[PDB]
Novice: 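Dropping the structure in here first, questions after.
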Amino acid sequence: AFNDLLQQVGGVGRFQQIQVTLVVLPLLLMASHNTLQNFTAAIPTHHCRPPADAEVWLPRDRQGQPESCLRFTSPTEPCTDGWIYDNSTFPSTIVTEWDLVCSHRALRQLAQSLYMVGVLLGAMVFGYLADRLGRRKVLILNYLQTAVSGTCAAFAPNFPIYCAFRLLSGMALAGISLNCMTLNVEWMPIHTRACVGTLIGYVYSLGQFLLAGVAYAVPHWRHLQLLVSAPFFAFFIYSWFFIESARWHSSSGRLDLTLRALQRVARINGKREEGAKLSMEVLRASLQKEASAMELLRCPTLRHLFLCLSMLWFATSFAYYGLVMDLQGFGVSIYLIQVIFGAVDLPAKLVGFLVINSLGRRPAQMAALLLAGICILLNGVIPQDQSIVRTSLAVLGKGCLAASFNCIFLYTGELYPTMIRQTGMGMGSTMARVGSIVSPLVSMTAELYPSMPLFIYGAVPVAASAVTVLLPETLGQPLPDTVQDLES
Ligand SMILES: Nc1ccn(C[C@@H](CO)OCP(=O)(O)O)c(=O)n1
């Protein structure tokens, strides 16, 4: 009956209207910190450096554009003398610093994959150490780490240092992302748990506008990294005034701390009379009523349901974080493609919340996944000459993939039983990060063919859009209680 207590103290009061916004404000920067290897690691046009023994020194081909690997040995040799990058649009990036061109093309992908290898470990470690130390105690440490290892990478003199510090930044953000929602949904009432679940996805897709603005205001990569990883100091200085969630104190056993927190919340809300009316016996008599991750195995009815959902999660995340990168090659500047990839997410949700309720979950999911797969696969056929009909397919695929996220999140929840639903969505979201790890590794093979990555990104969602023909429909039904009554 804890919700009745929360309603007694005031329900949704000024305390919530302050702490909720102060905790959800630091998610305007996660979009910037995720898709940064588009403005901080761009690749400008480059050609070999002629020896200062003096124009006609480069074996140009393919419509006259100079080669990028040979230098006419005598007036067909590897460069070994540094390159001469252009400085008209990208004055400085990572690839300009450490010469990641024509022999070390895999290093950008290695950095982007090492940033995402340190989001899995983050979501694991800072999720295990959150319900054992405190939500606020972990928020403070993460707000600190994501700025003591995110501005010390903007001053790195080597490549491995940059890689390791980006890994640590990802490790911190992967704990901020969990603890935000976990702490935020515990001080709200029970009837407003879905109005705060669609606010961490409505302010999440506003970081892309901020990125398209900032990265255009500040082109250099060191200044950009520093200016994007600086405000976490301000977000950390005031991170001591947060109030710990009373439900965690209640679960841990210590009830006097819960009573103190509730009295403080009552004083803040302006209900001192009912706050002092609260006592120890009242709480002891009102809250006296108060799942293995391996049980998914050795149980066919659960394993058969887990495999399909894992495949759907993986395919969606893989296609998404394979498409949202490589904004170069559409004939239009990146500062205009970002503000179009981030402004097509409103219709992709207004239609997702209009097709699932009218037909179901299976048809909407399958349609979104297959249409995104086709729109992705069709770009690896049309030649790069077209530039008006080659970005529309990209924006359509991105919208369809966002709709796929928003539908699979609800479907996985409504599908599982009620006791294992907490550790089912966890194992389902974990498989949405192995996808983001293996997504940039595939883009390395673009050396073997100029379109094989685009073909790989197009076939996995299509091969996954045929898995939903094995899952039960769950529109207009009661949520299944146990594994026994889960039949149809
Ligand atoms: N758990 C999730 C869910 C969604 N997105 C992508 C995000 C920006 O496109 O989606 C915004 P929305 O689906 O409208 O909430 C993500 O990166 N991680």
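Here chain A follows the PDB entry for its numbers: 2-55, 64-84, 102-316, 324-521, in order, are the residues you see. Any value given below was found using the heavy atoms of this structure, including those in side chains, with hydrogens, waters and symmetry copies removed. Counting starts at 1 for both ligands and their atoms, in listed order.
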Novice: Help me out - what's the drug at ligand 1 named?
Specialist: cidofovir
Novice: By the naming in UniProt, what macromolecule does cidofovir touch most in this deposit?
Specialist: Solute carrier family 22 member 6
Novice: Which residues lie close to cidofovir, i.e. with a heavy atom under 4.0 Å?
Specialist: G227, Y230, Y353, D378, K431, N439
Novice: Counting UniProt's transmembrane segments of chain A from the N terminus, which ones come closer than 4.0 Å to cidofovir with at least one heavy atom?
Specialist: 5, 7, 8, 10
